Colleague: 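Sharing a structure with you now.
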Number of protein chains: 2
Amino acid sequence: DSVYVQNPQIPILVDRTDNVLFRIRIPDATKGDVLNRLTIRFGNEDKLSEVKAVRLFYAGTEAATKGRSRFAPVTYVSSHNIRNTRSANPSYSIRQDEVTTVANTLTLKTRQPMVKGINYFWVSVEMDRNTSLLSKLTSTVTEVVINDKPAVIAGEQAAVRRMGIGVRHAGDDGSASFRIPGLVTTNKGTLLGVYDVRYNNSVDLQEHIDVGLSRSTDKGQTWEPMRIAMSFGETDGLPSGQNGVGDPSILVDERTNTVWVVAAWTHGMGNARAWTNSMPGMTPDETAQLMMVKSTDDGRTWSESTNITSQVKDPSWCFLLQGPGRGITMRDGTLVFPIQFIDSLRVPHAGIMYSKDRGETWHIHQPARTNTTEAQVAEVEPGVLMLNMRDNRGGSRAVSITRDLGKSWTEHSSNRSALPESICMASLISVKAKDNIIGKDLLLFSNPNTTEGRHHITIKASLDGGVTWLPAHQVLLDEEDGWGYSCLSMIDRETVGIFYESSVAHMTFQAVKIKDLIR
Amino acid sequence: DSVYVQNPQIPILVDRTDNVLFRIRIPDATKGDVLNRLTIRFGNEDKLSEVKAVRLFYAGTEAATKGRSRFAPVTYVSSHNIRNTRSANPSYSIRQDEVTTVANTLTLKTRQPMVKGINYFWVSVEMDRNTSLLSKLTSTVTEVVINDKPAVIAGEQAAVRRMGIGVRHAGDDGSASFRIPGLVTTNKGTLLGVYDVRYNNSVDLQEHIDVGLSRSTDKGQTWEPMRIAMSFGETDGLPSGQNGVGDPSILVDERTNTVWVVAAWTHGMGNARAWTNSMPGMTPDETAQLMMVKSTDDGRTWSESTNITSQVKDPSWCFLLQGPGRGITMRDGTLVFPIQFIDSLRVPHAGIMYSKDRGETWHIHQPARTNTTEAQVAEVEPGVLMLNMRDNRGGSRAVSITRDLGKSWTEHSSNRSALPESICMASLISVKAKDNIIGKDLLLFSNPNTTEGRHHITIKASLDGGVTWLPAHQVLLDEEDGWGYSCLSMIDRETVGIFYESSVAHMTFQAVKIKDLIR
Ligand SMILES: CCC(CC)O[C@@H]1C=C(C(=O)O)C[C@H](N)[C@H]1NC(C)=O
Ligand SMILES: CCC(CC)O[C@@H]1C=C(C(=O)O)C[C@H](N)[C@H]1NC(C)=O
């Protein structure tokens with residue numbers, strides 16, 4: 001009778017064995033009905049030589065109380081199972097058919113007798129490991145035959161699917177999880193991605209957490225094995241689980257190509273959250289510490305940690321740390337790292353930290369706005385910094401401007417208006433006209449484009465210095481649930497990179513042409 | 001000044017590398033204070049030849065918000081970490097000292113400078129893998145010296161510590177978790193322990209769950225590798241995750257030594273709870289199925305599953321299943337399995353299912369009591385069955401009597417009064433006077449002895465057919481948190497075995513002398 005099809009707007013990972021290409025619900029089957037044949041068509045332009053395999057799975061039925069509008073009973077390919085993040089959980093999906101050479105038209109068969117009511121099938125797509133990150137698939141279920149009669153196909157399934165790469169999967173290198181992405185592009189065009197390595201579980205500091213780094217010299221097609229950018233092991237003879245460092249922020253000093261990573265080292269504090277347990281004072285026994293490493297060799301090797309806590313932290317603050325993601329070099333060569341501090345009354349404020357001496361000494365002035373935390377900063381115009389802030393009020397990003405490196409702040413017109421959020425980290429970068437193919441100054445922004453939950457990870461572009469974010473100048477990458485944090489860096493003149501927590505992997509990299517954003 | 005010591009009443013596992021013997025809190029240290037020496041003393045009659053090693057660990061400090069009355073900042077030895085359930089998580093505990101030859105007096109040293117305020121240390125004990133399950137340690141911290149001055153020792157640390165064995169640990173044989181213990185003793189004195197094998201996670205049916213079995217010919221000192229007693233894999237071409245079977249109940253037919261295992265097979269139901277999603281009807285597509293396997297070779301090999309659903313399940317019931325744990329043979333040779341059914345209005349009832357034909361045909365009559373679920377049955381006196389029930393009203397076990405195999409029920413004097421519970425599975429068995437060393441009829445009962453949470457797993461004995469459970473006739477085995485389910489079986493004339501979910505392992509076995517219960 002009737003069959004529903006979903007083409008989910010989620011990344012096809014080039015390093016995965018399985019990727020959800022279609023989910024399919026047959027809502028009102030009679031017991032014994034067989035999906036004899038289903039035909040997929042790929043668009044004319046699609047590079048079918050890059051597809052290694054297409055599979056048709058059966059995932060059985062639905063629970064009587066979970067309704068009839070779902071496209072699956074369970075996650076088909078897990079992003080958390082430390083034993084398998086790369087293939088379909090074989091306990092939830094049974095392969096019906098497989099094709100290892102893919103033409104524009106493809107048929108998949110089954111002889112599986114359906115149950116009465118809801119039955120779930122899904123198409124998996126496996127790409128070649130060397131598949132272009134810039135390739136796209138346009139796929140449609142054109143025919144479904146049940147008991148040798150072609151059934152009616154319904155559903156929105158016209159999505160243009162993009163590639164990505166799972167730089168870090170849950171369980172990689174004995175690590176439980178990876179969180180809190182940062183991304184910069186070195187002067188040599190090298191992509192450097194930083195993250196928490198959370199060994200024991202996925203809970204925030206305090207825990208056994210190191211700062212990791214993934215390096216790519218080929219615009220993200222391949223990533224060199226994980227380096228530990230910063231670690232404190234069993235410092236002062238306290239357990240490694242009372243010595244975590246994380247929430248990393250990375251910048252490239254564009255004048256020297258010296259790379260800096262800043263992070264919060266929590267020392268002691270039992271097995272409880274630093275957010276609530278970091279207390280006033282200055283010593284490592286008293287409060288979270290602001291720690292920095294540097295790389296002079298394009299991110300290959302990393303200096304020992306220097307403690308900058310004494311330079312910038314007020315003693316009365318419960319907690320000073322970087323804003324996670326990245327910092328910037330300004331036109332005049334000032335290095336800028338967004339920061340956040342919880343004051344004596346447990347009220348969080350977003351601000352900036354800067355250095356005028358190639359990162360030798362760091363300074364913080366005034367907070368931008370009350371009840372904000374995680375922020376990212378861009379030089380929207382010469383000498384003028386735009387701070388884009390996570391706001392505990394909910395619903396929308398706070399936006400301020402400073403022309404004096406945070407001594408005074410002014411509200412931007414886009415404040416609490418233009419950029420929706422659910423209270424989550426967001427990435428903002430600026431691109432100079434001469435440094436990109438459109439030949440105009442850009443602001444690029446990424447976050448979960450929702451007021452509730454963390455999903456619909458989206459890159460947005462502004463042509464007018466973040467006054468307007470036109471709906472036409474946006475690309476949806478991941479419409480399913482994840483931990484939500486992202487970071488942007490331009491790869492080259494034509495493409496932006498995004499390093500983000502996604503529905504398909506803890507650290508996901510995707511590349512998007514500027515001309516896909518802007519008509 | 002003052003130092004606090006805890007001797008936690010939890011099983012010392014003979015198969016573990018580490019076991020918590022003592023937790024110690026130093027509440028108000030000065031920064032730099034060193035625990036120079038700590039002396040532990042064992043009773044004269046203790047078998048110190050069974051101790052392989054004793055270790056002193058440092059676990060650092062406590063979080064500012066978690067108070068000053070805790071004995072640890074974190075679980076030291078995990079019962080859930082699939083990568084390590086046998087040794088202390090090295091990220092939470094740093095070894096200070098170790099002794100491989102243990103005398104009646106033992107000293108442990110450190111040179112670790114303490115932090116200001118709370119510092120945590122703990123003593124680990126490792127036993128010989130062949131340590132007697134009936135051996136006990138009586139250990140006391142007699143001295144603690146800080147900066148070469150003997151500090152004041154406080155705390156209740158007079159516990160007589162018992163041995164146990166982790167039959168199943170989280171992660172064993174590629175399984176995420178194990179739940180729902182059942183235990184019988186065959187006519188050959190063989191222990192047979194059954195459980196859910198939960199491969200994907202620890203959630204109830206519906207999921208990828210098999211019934212496992214562990215067999216011991218030496219009264220629980222050693223366990224043969226895990227056998228799958230019952231499995232439905234990819235039946236009818238539905239995923240194994242929509243084909244789970246669990247909540248096993250086991251009995252020995254004492255006339256034949258034929259062993260029977262009964263379990264609930266859920267077929268379909270998406271990835272949601274059978275408790276709410278099993279619907280009225282009789283077919284496997286419609287409702288949970290009552291399945292049985294048997295062993296004629298003392299539990300070495302298992303028959304294919306037979307479907308009992310047709311014989312005993314009313315079509316209008318949403319869910320019929322066995323009560324997890326064990327069933328019995330009565331004096332007249334009737335085989336009895338406790339059952340539970342959810343009626344058309346979603347109201348659960350506890351009852352019994354019996355066979356008079358060596359398990360050929362099964363019958364259910366009337367429910368004992370409304371809003372009860374998991375029950376265990378014992379033949380208190382000839383022809384007279386006591387049903388001990390989990391009660392959704394809270395606080396205490398329901399107890400009924402039937403002398404007509406459930407056609408009529410009468411409330412027992414102990415009903416909703418004598419046995420506290422938190423709404424959890426409990427074990428009850430009867431022991432004939434001629435079959436045990438005390439030479440009197442016993443009832444033995446085990447559960448979490450609390451009205452809140454699942455902890456203080458305790459065996460209780462009654463000399464007067466469950467009318468009274470004297471506090472003196474009880475043994476506390478596990479005062480820390482676990483999933484709470486237990487099952488009892490007499491090993492021999494002198495000792496009772498308990499197969500239970502514990503704070504130290506998913507499937508824990510311990511042996512207790514009858515004379516420790518009744519002194
Ligand atoms: C420090 C407070 C901050 C904002 C509320 O919490 C962040 C929220 C997070 C979140 O909402 O997911 C994850 C971050 N890892 C966490 N940072 C730390 C240091 O705990
Ligand atoms: C009818 C549901 C049943 C009895 C109330 O709930 C039990 C509770 C459990 C529990 O309280 O831990 C675990 C059991 N595995 C579960 N059984 C099933 C099949 O869900």
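Chain naming here is simple, since letters A, B, ... match the order of the sequence lines and numbering starts at 1 in each. Just so you know, ligand 1 is whichever comes first in the structure, and atom 1 is the first atom listed for that ligand. Any value given below was found using the heavy atoms of this structure, including those in side chains, with hydrogens, waters and symmetry copies removed.
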Colleague: Mind checking which chain ligand 2 touches most? I'd like its name from the PDB entry.
Modeller: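 Main binding partner here: BNR/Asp-box repeat protein.
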Colleague: So what drug did they put at ligand 2?
Modeller: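 PDB records call it oseltamivir carboxylate.
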Colleague: I'm curious which other chains sit close to oseltamivir carboxylate (ligand 2), say any heavy atom under 4.0 Å. Can you tell me?
Modeller: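 Other chains with a heavy atom that close: B.
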Colleague: Report the binding site of oseltamivir carboxylate (ligand 2) using a heavy-atom cut-off of 4.0 Å.
Modeller: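 At that heavy-atom cut-off, the residues are B:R179, B:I180, B:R198, B:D204, B:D247, B:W275, B:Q340, B:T373, B:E374, B:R390, B:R454, B:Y485.
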Colleague: Among all protein heavy atoms in this structure, tell me which lies nearest to atom 17 (N) of oseltamivir carboxylate (ligand 2), with the distance rounded to 0.1 Å.
Modeller: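 For atom 17 (N) of oseltamivir carboxylate (ligand 2), the nearest protein heavy atom is B:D247 OD2, 2.8 Å.
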Colleague: What residue and heavy atom of the protein are closest to atom 5 (C) of oseltamivir carboxylate (ligand 2), and at what distance?
Modeller: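 Going by distance alone, atom 5 (C) of oseltamivir carboxylate (ligand 2) is nearest to B:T373 CG2, 3.6 Å.
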Colleague: Enumerate the atoms of oseltamivir carboxylate (ligand 2) whose separation from the nearest heavy atom of B:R454 is less than 4.0 angstrom.
Modeller: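 In order of numbering, the contacting atoms are 10 (C), 11 (O), 12 (O).
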Colleague: Got the closest protein heavy atom to atom 14 (C) of oseltamivir carboxylate (ligand 2), with its distance?
Modeller: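 The answer is B:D204 OD1, 3.4 Å.
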Colleague: Find other ligands or ions closer than 4.0 Å to oseltamivir carboxylate (ligand 2).
Modeller: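 Within less than 4.0 Å, you get none.
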Colleague: Within a distance under 4.0 Å of any heavy atom of B:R198, pick out the atoms of oseltamivir carboxylate (ligand 2) and give their elements.
Modeller: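 Those qualifying, in numeric order: 15 (N).
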Colleague: Mind checking whether B:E374 has an N or O less than 3.5 Å away from an N or O of oseltamivir carboxylate (ligand 2)?
Modeller: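 Such a contact does not occur with oseltamivir carboxylate (ligand 2).
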Colleague: Any idea which atoms of oseltamivir carboxylate (ligand 2) are less than 4.0 Å away from a heavy-atom of B:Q340?
Modeller: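 Listed by number with element: 4 (C).
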Colleague: With a cut-off of 4.0 Å, which atoms of oseltamivir carboxylate (ligand 2) are near a heavy atom of B:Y485?
Modeller: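 Near B:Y485, meaning under 4.0 Å from one of its heavy atoms, oseltamivir carboxylate (ligand 2) has 7 (C), 8 (C), 9 (C), 10 (C), 11 (O), 12 (O), 13 (C), 14 (C).
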Colleague: Please report whether oseltamivir carboxylate (ligand 2) has a polar contact with B:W483, defined as an N or O pair separated by less than 3.5 Å (distance criterion only).
Modeller: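 The answer is no, given that B:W483 and oseltamivir carboxylate (ligand 2) share no N or O pair closer than 3.5 Å.
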Colleague: Can you list the oseltamivir carboxylate (ligand 2) atoms lying under 4.0 Å from a non-hydrogen atom of B:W275?
Modeller: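 So the atoms of oseltamivir carboxylate (ligand 2) that pass are 1 (C), 2 (C).
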